[PDB]
Amino acid sequence: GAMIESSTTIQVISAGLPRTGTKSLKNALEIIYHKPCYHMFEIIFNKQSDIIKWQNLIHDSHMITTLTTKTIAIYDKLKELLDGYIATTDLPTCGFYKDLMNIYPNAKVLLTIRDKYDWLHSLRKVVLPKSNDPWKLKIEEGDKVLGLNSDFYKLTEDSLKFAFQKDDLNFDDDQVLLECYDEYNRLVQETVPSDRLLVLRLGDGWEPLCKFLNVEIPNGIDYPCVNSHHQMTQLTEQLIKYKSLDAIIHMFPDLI
Ligand SMILES: Nc1ncnc2c1ncn2[C@@H]1O[C@H](COP(=O)(O)O)[C@@H](OP(=O)(O)O)[C@H]1O
Ligand SMILES: CC(C)NC[C@H]1CCc2cc(CO)c([N+](=O)[O-])cc2N1
């Protein structure tokens with residue numbers, strides 16, 4: 001197909017929850033658009049100063065009405081955070097999908113989904129281990145190597161609670177999490193006009209995504225398959241062993 005000059009503004013809003021293929025999708029959108037896509041990895045590796053800005057935004061977000069003066073202030077901060085990016089995926093952004101749709105009226109919406117039990121299992125190994133899981137101590141040790149402190153964990157928890165619209169949340173309760181998951185995904189498909197939504201099940205690959213976005217399938221490039229919990233476990237253990245990211249980053253080419 002012909003090469004056309006794409007606008008550097010949010011073109012795709014992904015509502016999918018963490019551990020549903022968001023990093024592969026991030027990589028895929030960057031392969032298509034040749035501009036950055038927002039993701040929790042963007043915060044961790046490139047923009048840790050954003051952490052307090054997202055935390056502030058979530059704090060102020062109860063005061064959003066579907067427009068109040070207070071809404072415009074929030075929308076302005078969201079636009080600021082996302083300047084220069086062509087898409088959003090993952091926490092903390094995914095819970096803001098309705099507001100992003102208002103801010104970027106010409107952006108299309110994605111929902112990444114998968115088997116709820118596979119999701120929970122993945123979440124417990126990477127994002128939200130149970131309190132008494134010994135692996136939690138390893139995650140915390142590796143996170144310190146990355147410069148991540150208590151504020152980072154607060155942002156993760158608060159952004160999840162925001163996505164699920166819960167004032168609080170027993171993170172150690174599998175049944176609660178499974179029910180939030182199903183309710184979240186249900187609500188997205190009820191809220192977004194079907195014309196503006198594409199639901200992507202893990203494994204779907206390039207084809208429905210590229211059709212939805214009116215772009216050619218990238219020539220000779222397989223759809224990304226990254227960020228497995230097995231790989232994240234290896235990253236954690238290597239961070240602990242070497243005590244720096246730059247010592248090991250050559251070992252994790254497409255993940256980081
Ligand atoms: N192209 C693909 N096909 C199948 N699974 C994929 C995939 N890309 C990512 N995944 C899976 O999606 C999860 C990562 O999601 P995220 O990037 O949102 O955190 C991982 O699940 P597992 O932890 O079960 O391996 C990963 O294996
Ligand atoms: C020990 C290291 C590997 N921990 C990985 C980092 C970096 C990867 C990571 C990703 C997410 C979600 O995309 C979350 N999260 O929302 O809790 C946390 C983290 N933490």
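Numbers for residues simply follow the sequence, beginning at 1. Below, all heavy atoms of this structure are taken into account, side chains as well, without hydrogens, waters or symmetry copies. Numbering of ligands and ligand atoms starts at 1, following listing order.
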Visitor: Out of interest, what does the PDB call the drug at ligand 2?
Guide: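 At ligand 2, it's oxamniquine.
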Visitor: Which chain forms the chief contact surface with oxamniquine (ligand 2), and what is its name in the PDB entry?
Guide: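 It has the most contacts with Sulfotransferase.
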Visitor: Counting from 1, what oxamniquine (ligand 2) atoms have a heavy atom of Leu91 closer than 4.0 Å?
Guide: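 Listed by number with element: 16 (O).
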Visitor: Can any other ligand or ion be found under 4.0 Å from oxamniquine (ligand 2)?
Guide: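 Other ligands or ions: none.
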Visitor: Tell me the protein heavy atom at minimum distance from atom 7 (C) of oxamniquine (ligand 2), and give that distance in Å.
Guide: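 In this structure, atom 7 (C) of oxamniquine (ligand 2) has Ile44 CD1, 3.5 Å as its nearest protein heavy atom.
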Visitor: Quick check on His39 - does any of its heavy atoms sit under 4.0 Å from an atom of oxamniquine (ligand 2)?
Guide: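 Distance cut 4.0 Å: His39 passes for oxamniquine (ligand 2).
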Visitor: Note the single closest protein heavy atom to atom 8 (C) of oxamniquine (ligand 2), along with its residue, its atom name and the distance in Å.
Guide: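 The protein heavy atom lying closest is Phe41 CE1, 3.4 Å.
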Visitor: Would you mind finding which of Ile256, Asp143, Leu148 brings a heavy atom closest to atom 2 (C) of oxamniquine (ligand 2)?
Guide: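 When every heavy atom of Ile256, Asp143, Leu148 is considered, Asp143 comes closest to atom 2 (C) of oxamniquine (ligand 2).
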Visitor: What organism does the deposit give as the source of chain A?
Guide: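 Per the PDB, the source organism is Schistosoma mansoni.
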Visitor: Please write down residue, atom name and distance for the protein heavy atom closest to atom 3 (C) of oxamniquine (ligand 2).
Guide: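 Atom 3 (C) of oxamniquine (ligand 2) sits closest to the protein heavy atom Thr236 OG1, 3.2 Å.
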Visitor: Work out whether the distance between some heavy atom of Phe152 and some atom of oxamniquine (ligand 2) is less than 4.0 Å.
Guide: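 It does, in that a heavy atom of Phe152 comes within the 4.0 Å cut-off of oxamniquine (ligand 2).
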Visitor: Tell me the protein heavy atom at minimum distance from atom 17 (O) of oxamniquine (ligand 2), and give that distance in Å.
Guide: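 Checking every protein heavy atom, the shortest distance to atom 17 (O) of oxamniquine (ligand 2) gives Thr156 CG2, 3.1 Å.
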Visitor: List every atom of oxamniquine (ligand 2) that sits less than 4.0 Å from any heavy atom of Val127, numbering the atoms from 1 in the order shown and giving each element.
Guide: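 Result: 14 (C), 15 (N), 17 (O).
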Visitor: Give the residue and atom name of whichever protein heavy atom lies nearest to atom 11 (C) of oxamniquine (ligand 2), and the separation in Å to one decimal.
Guide: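 Answer, as residue, atom name and distance: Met40 CG, 3.9 Å.
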Visitor: Please could you name the atoms of oxamniquine (ligand 2) that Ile139 approaches to less than 4.0 Å, counting only its heavy atoms?
Guide: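 Every atom of oxamniquine (ligand 2) under 4.0 Å from some heavy atom of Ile139: 1 (C).
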Visitor: Which heavy atom of the protein is the closest neighbour of atom 5 (C) of oxamniquine (ligand 2), given with residue, atom name and distance?
Guide: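 Protein heavy atom at minimum distance: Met232 CE, 3.5 Å.
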Visitor: Below the 3.5 angstrom mark, is there an N/O of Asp90, backbone or side chain, next to an N/O of oxamniquine (ligand 2)?
Guide: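 N/O-N/O distance under 3.5 Å: yes.
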Visitor: How is the binding site of oxamniquine (ligand 2) composed, by chain and residue number, at heavy atoms under 4.0 Å?
Guide: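 By heavy-atom distance, that gives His39, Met40, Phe41, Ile44, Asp90, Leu91, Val127, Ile139, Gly142, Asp143, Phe152, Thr156, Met232, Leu235, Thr236.
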